[PDB]
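Throughout, chain A uses the PDB entry numbering, with the displayed residues spanning 163-485 in order. Both counts, for ligands and for their atoms, begin at 1 and track the order of listing. Keep in mind that the numbers below use all heavy atoms, side chains included, and drop hydrogens, waters and symmetry copies.
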Amino acid sequence: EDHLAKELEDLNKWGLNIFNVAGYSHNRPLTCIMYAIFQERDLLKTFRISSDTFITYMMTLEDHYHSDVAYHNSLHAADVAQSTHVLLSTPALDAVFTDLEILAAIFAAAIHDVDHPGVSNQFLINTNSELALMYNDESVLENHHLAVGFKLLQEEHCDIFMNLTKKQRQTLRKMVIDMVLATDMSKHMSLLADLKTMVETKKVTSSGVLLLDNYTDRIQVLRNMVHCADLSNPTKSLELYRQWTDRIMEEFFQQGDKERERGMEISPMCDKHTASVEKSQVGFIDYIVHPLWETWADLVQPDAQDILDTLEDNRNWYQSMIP
Ligand SMILES: COc1ccc(C(=O)Nc2c(Cl)cncc2Cl)cc1OC1CCCC1
Ligand SMILES: [Mg+2]
Ligand SMILES: [Zn+2]
């Protein structure tokens, strides 16, 4: 409507408010934002993706995120997808990626947490869930999200890549699997050490645009790009960041409650009777988010300085809320 259209004028901006798009799209944010992103970038045209087919796939994908899970629902997928869309336009990365890689990244963002049950890999492993047994305790959820996303492409009424070549579809699938498996937090520390090595030997053309020799280098920047998007909540305006915080805490505390009911050990940031929301966000920024974004900023400097300044300001707000 008039409000949804005013809000999507920010489609290519970090300042986009996804909670507002959700309000004006019948709580179908993922479908609305993916369709806006694909039109903006001409991906339907480029890959002969039918409009009805793409919408039918996106609405089914969306319906497979659980609406009664406080944080890992379709609003988070929508946010990571839109955030990824903006990152891909960063001046330092201009003309580096093929249209195929741009398509895989945004697609990956969208499916990256589908059918998330609101509990962590460790909880599924310690409770002997069917998923942990299925995936042998390794990147349990991530493998599951990929499995569902790619499974949904099997029916013809839903195959949005049916017009890619075979070499393209295979190249796509490889890239998407690689990006989503990289969202597993147990991989965070080595992805970052690898990102730091990429900065160390960064080469740029005369116009301030990164030089990415082969596929190895590009997929490395893309995995890291979806990972930053996944970890982008604290880099957004304070107003958005706080709603995201409320949401991750509601989910984590629910798991905490399930751990207790089952008499399991409770992870300190999941225990609602003792955990500080404010200290936890400060630690989250100091030990995970800042270290990561600081490195992303070096890679694409100075494109992410605004983001780094917002992150620091948001850090200081949570610190001042701590007695
Ligand atoms: C707004 O706050 C948060 C947002 C996201 C996450 C987070 O861990 N996300 C995440 C998860 Cl839960 C699993 N895999 C990958 C990612 Cl990026 C964690 C957040 O806060 C932490 C967890 C509770 C205390 C601070
Ligand atoms: Mg995830
Ligand atoms: Zn996620």
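PDB records give the name of the drug at ligand 1 as piclamilast. Lab note: most contacts to piclamilast (ligand 1) come from the chain UniProt lists as 3',5'-cyclic-AMP phosphodiesterase 4B. Scanning all protein heavy atoms for the shortest distance to atom 13 (C) of piclamilast (ligand 1) gives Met347 CG, 4.2 Å. Of the candidates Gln443, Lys349, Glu413, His274, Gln443 brings a heavy atom nearest to atom 25 (C) of piclamilast (ligand 1).
Judged by heavy-atom distance, the UniProt 3',5'-cyclic AMP-binding residues in chain A that approach piclamilast (ligand 1) within 4.0 Å amount to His234, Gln443, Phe446. Lab note: most residues of chain A in contact with piclamilast (ligand 1) fall in UniProt domain PDEase.
Atom 24 (C) of piclamilast (ligand 1) has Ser442 CB, 3.6 Å as its closest protein atom, hydrogens excluded (heavy atom only).
The protein non-hydrogen atom at the shortest distance from atom 11 (C) of piclamilast (ligand 1) is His234 NE2, 4.0 Å. Nearest non-hydrogen protein atom to atom 5 (C) of piclamilast (ligand 1) is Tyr233 OH, 3.6 Å. Less than 4.0 angstrom separates atom 9 (N) of piclamilast (ligand 1) from none of the non-hydrogen atoms of the protein. When hydrogens are left out, the protein atom nearest atom 19 (C) of piclamilast (ligand 1) is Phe446 CE2, 3.5 Å; that is the closest non-hydrogen contact. Ranking protein heavy atoms by distance to atom 4 (C) of piclamilast (ligand 1), first place goes to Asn395 OD1, 3.6 Å. Of the protein's heavy atoms, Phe414 CE2, 3.3 Å lies nearest to atom 22 (C) of piclamilast (ligand 1). Result for chain A and piclamilast (ligand 1): the nearest UniProt active-site residue and heavy-atom distance (1 Å) are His234, 4 Å.
In this structure, the binding site of piclamilast (ligand 1) at 4.0 Å (heavy atoms) is formed by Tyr233, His234, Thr345, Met347, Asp392, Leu393, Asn395, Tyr403, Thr407, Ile410, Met411, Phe414, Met431, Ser442, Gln443, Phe446.
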